[PDB]
Visitor: 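Attached: Bifunctional epoxide hydrolase 2 with R-talinolol bound.
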Number of protein chains: 2
Amino acid sequence: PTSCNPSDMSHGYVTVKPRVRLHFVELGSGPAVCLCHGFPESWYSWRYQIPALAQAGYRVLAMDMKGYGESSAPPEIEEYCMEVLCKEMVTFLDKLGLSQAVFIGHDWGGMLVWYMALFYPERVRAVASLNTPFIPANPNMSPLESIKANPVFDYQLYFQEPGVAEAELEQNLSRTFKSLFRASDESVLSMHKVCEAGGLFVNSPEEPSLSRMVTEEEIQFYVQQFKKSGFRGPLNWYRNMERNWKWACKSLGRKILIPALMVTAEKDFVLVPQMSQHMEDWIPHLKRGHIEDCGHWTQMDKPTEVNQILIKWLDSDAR
Amino acid sequence: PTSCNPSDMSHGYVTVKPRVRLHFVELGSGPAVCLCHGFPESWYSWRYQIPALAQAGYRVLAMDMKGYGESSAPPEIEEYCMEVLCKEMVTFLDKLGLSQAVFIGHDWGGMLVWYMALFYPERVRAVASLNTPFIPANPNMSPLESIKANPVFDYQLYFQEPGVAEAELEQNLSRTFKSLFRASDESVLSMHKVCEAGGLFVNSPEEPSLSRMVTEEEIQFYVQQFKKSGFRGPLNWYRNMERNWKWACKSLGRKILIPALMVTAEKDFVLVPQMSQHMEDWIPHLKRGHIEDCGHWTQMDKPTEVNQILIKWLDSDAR
Ligand SMILES: CC(C)(C)NC[C@@H](O)COc1ccc(NC(=O)NC2CCCCC2)cc1
Ligand SMILES: CC(C)(C)NC[C@@H](O)COc1ccc(NC(=O)NC2CCCCC2)cc1
Ligand SMILES: [Mg+2]
Ligand SMILES: [Mg+2]
């Protein structure tokens, strides 16, 4: 599929708060489609979707999420809770004069677009998530308990202490992204042993091989982007679990009534497909896609299948 | 009418050439409408049209023309001929993924959108010009002769020598814009006596009064914008008369077949309405608007009337 050259894109900048601007690349004409990436990624993670969605007749706005790339990375940890992040994306639409837009997210971006649809459905024409399910908050057990119930999320505990995960992820940026951006059959890490091994990469190659999904040039773009603000901002998305839990509990009971799409990935061993099993009970108009042989990095693992699913769903339920 | 706060706008940047980027503000959703200002102005000259057109259901792209504001101001004089300027606006649409857009221009921007429609009609959905008529190039008499035939254009001769007009216009920026941005009944200068008086302002107040059209805050925005690159870039639009004449002659004979609108201003004593008298012979689908009591600075002189005319024409012939 056609990819993106960063130097030949239109770059937009919107100030949503005194010291917080958001950066995005923009391509195409038609209904506004806002793409929201995950951790630890970039607008560039949508490089295969941006020209395809624009050619299909949509105005693509691929964001650099707060803390990433050319977007502002404020220092405060609480600036990265879901309530603040969602309200700024509403201000983002306000400054652009957009009454609403289709929101498509992946990983942490998928969690954001779910709460945009949940708390601001009047501003979301349609919502789609890759890998990330929508599970209503349990007002009876803390996020500290729900993670201890699933050992796959032990890496999230290693991400909590500010400065610890930053030192490992920023020590060798090329090694960091070559070790993370891998197909499921090429994976070189276990999210189980992280807090027992003392880090994500300590039992991984220090000169890892290049995954079949990416080139050296694409890796170096991520390296150059994360030299701007580091990993603190991105990691702060994980450091508001209780805050996000209080906020999500304030919506309990209500359903998401707008058109929605859940795309599961067969080989995402963290955001597994069965975590989305009963989202239809909360999202009546939910449609589904499923990509076999697809790991966590859905957009670059199976870009063609992602483009097919999104364009088919956009043309039918979002137009 | 609702105006624009510069700090609350979405700002876009597109690189159209190695050392040349174009800056624009963007508001609204719908068909793309590209606004092109004149000399010596800014995207801010459309401040009353941008929210109105966006509310009417259009995606407004208000440019900072090359040499102005946050757009690049390359040093070469030939970089401001109409052929180069038009080709970059095509590249501008290319980078944004826009198959075409409605082009609306005023003054030198109106001259540009006419040649965009003339040479690139496949990229112009519809074209509208304020004050500036479309007169086909006479391949028999030079631009040096056509100006000597109309003494109103003597100021253009004063603008030819690089550095001379720059020194007068940049000496006191507040005085420059307060003296220029005036209603026709408040005018304080004669474009007739300029090359005989040795300048535009030499017979004008050195502490001129504030015109009823503008506030001190709006004047100071123009002052701050022109501190970036000065007046050379803007003045270079006038310094390619023969080059623009050769290029326009290469299209001789052909008509503009796309929807078009010519808006004349009753009190524009330079771009007088009768200069547009027989544009229908070259533009078969030309529609017209006329604003009484309106001087050269059409957008800020009669913003309400401009909004009414443009939205009515956009909804009927551009949608
Ligand atoms: C965890 C849970 C018990 C459900 N509660 C916490 C949840 O409320 C927080 O929401 C999240 C949503 C999505 C993600 N995605 C990732 O962690 N992807 C990683 C995959 C392996 C490589 C690095 C990135 C994380 C958190
Ligand atoms: C001049 C002609 C004989 C027709 N040939 C030259 C033409 O081909 C060049 O095209 C132009 C089109 C529009 C303008 N507008 C202005 O000069 N507006 C000024 C008004 C008074 C205050 C300062 C700005 C200038 C040149
Ligand atoms: Mg059920
Ligand atoms: Mg005739």
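Chains are designated A, B, ... according to the position of each sequence line. The numbers used for chain A are those of the PDB entry, and the residues that appear cover 229-547, in sequence. Going by the PDB entry, the residues shown for chain B are 229-547, listed in order. Keep in mind that the numbers below use all heavy atoms, side chains included, and drop hydrogens, waters and symmetry copies. Atoms within each ligand, like the ligands themselves, are counted from 1 in listed order.
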Visitor: So, about R-talinolol - where is that in the structure, copies and all?
Guide: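 The answer, copies included, is ligands 1 and 2.
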Visitor: Provide the letters of the other chains having heavy-atom distances to R-talinolol (ligand 2) under 4.0 Å.
Guide: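 Under 4.0 Å by non-hydrogen atoms: B.
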Visitor: Taking only non-hydrogen atoms of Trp465(B), do any sit less than 4.0 angstrom from R-talinolol (ligand 2)?
Guide: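 Outside the 4.0 Å threshold, so no.
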Visitor: I'm trying to place R-talinolol (ligand 2) relative to the UniProt active-site residues of chain B - which one is nearest, and at what heavy-atom distance, to 1 Å?
Guide: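 Nearest UniProt active-site residue and heavy-atom distance: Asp335(B), 2 Å.
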Visitor: I'm curious, what organism does the PDB give for chain B?
Guide: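 By the entry, the source is Homo sapiens.
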Visitor: I'm comparing R-talinolol (ligand 2) with the native substrate site: which UniProt-listed binding residues in chain B have a heavy atom within 4.0 Å of it?
Guide: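 In chain B, UniProt ones with a heavy atom near R-talinolol (ligand 2): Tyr383(B).
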Visitor: Out of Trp336(B), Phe267(B), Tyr383(B), who gets a non-hydrogen atom closest to atom 17 (O) of R-talinolol (ligand 2)?
Guide: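 Considering heavy atoms of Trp336(B), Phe267(B), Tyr383(B), the nearest to atom 17 (O) of R-talinolol (ligand 2) sits in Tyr383(B).
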Visitor: So for R-talinolol (ligand 2), is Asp335(B) a polar contact partner (N or O within less than 3.5 Å, distance only)?
Guide: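 For R-talinolol (ligand 2), there is an N or O atom that lies under 3.5 Å from one belonging to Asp335(B).
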Visitor: Of all UniProt domains in chain B, which one holds the largest number of residues in contact with R-talinolol (ligand 2)?
Guide: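 Chiefly UniProt domain AB hydrolase-1.
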Visitor: At a 4.0 Å threshold, what atoms of R-talinolol (ligand 2) neighbour a non-hydrogen atom of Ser374(B)?
Guide: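 Heavy-atom distances to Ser374(B) below 4.0 Å select 3 (C).
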Visitor: Any atoms of R-talinolol (ligand 2) less than 4.0 Å from a non-hydrogen atom of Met419(B)? List them with their elements.
Guide: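 Checking each atom against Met419(B), I get 21 (C), 22 (C).
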Visitor: Which residues count as the binding site of R-talinolol (ligand 2) under a heavy-atom cut-off of 4.0 Å?
Guide: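 Going by non-hydrogen atoms, it's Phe267(B), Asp335(B), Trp336(B), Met339(B), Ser374(B), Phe381(B), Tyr383(B), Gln384(B), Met419(B), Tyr466(B), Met469(B), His524(B).
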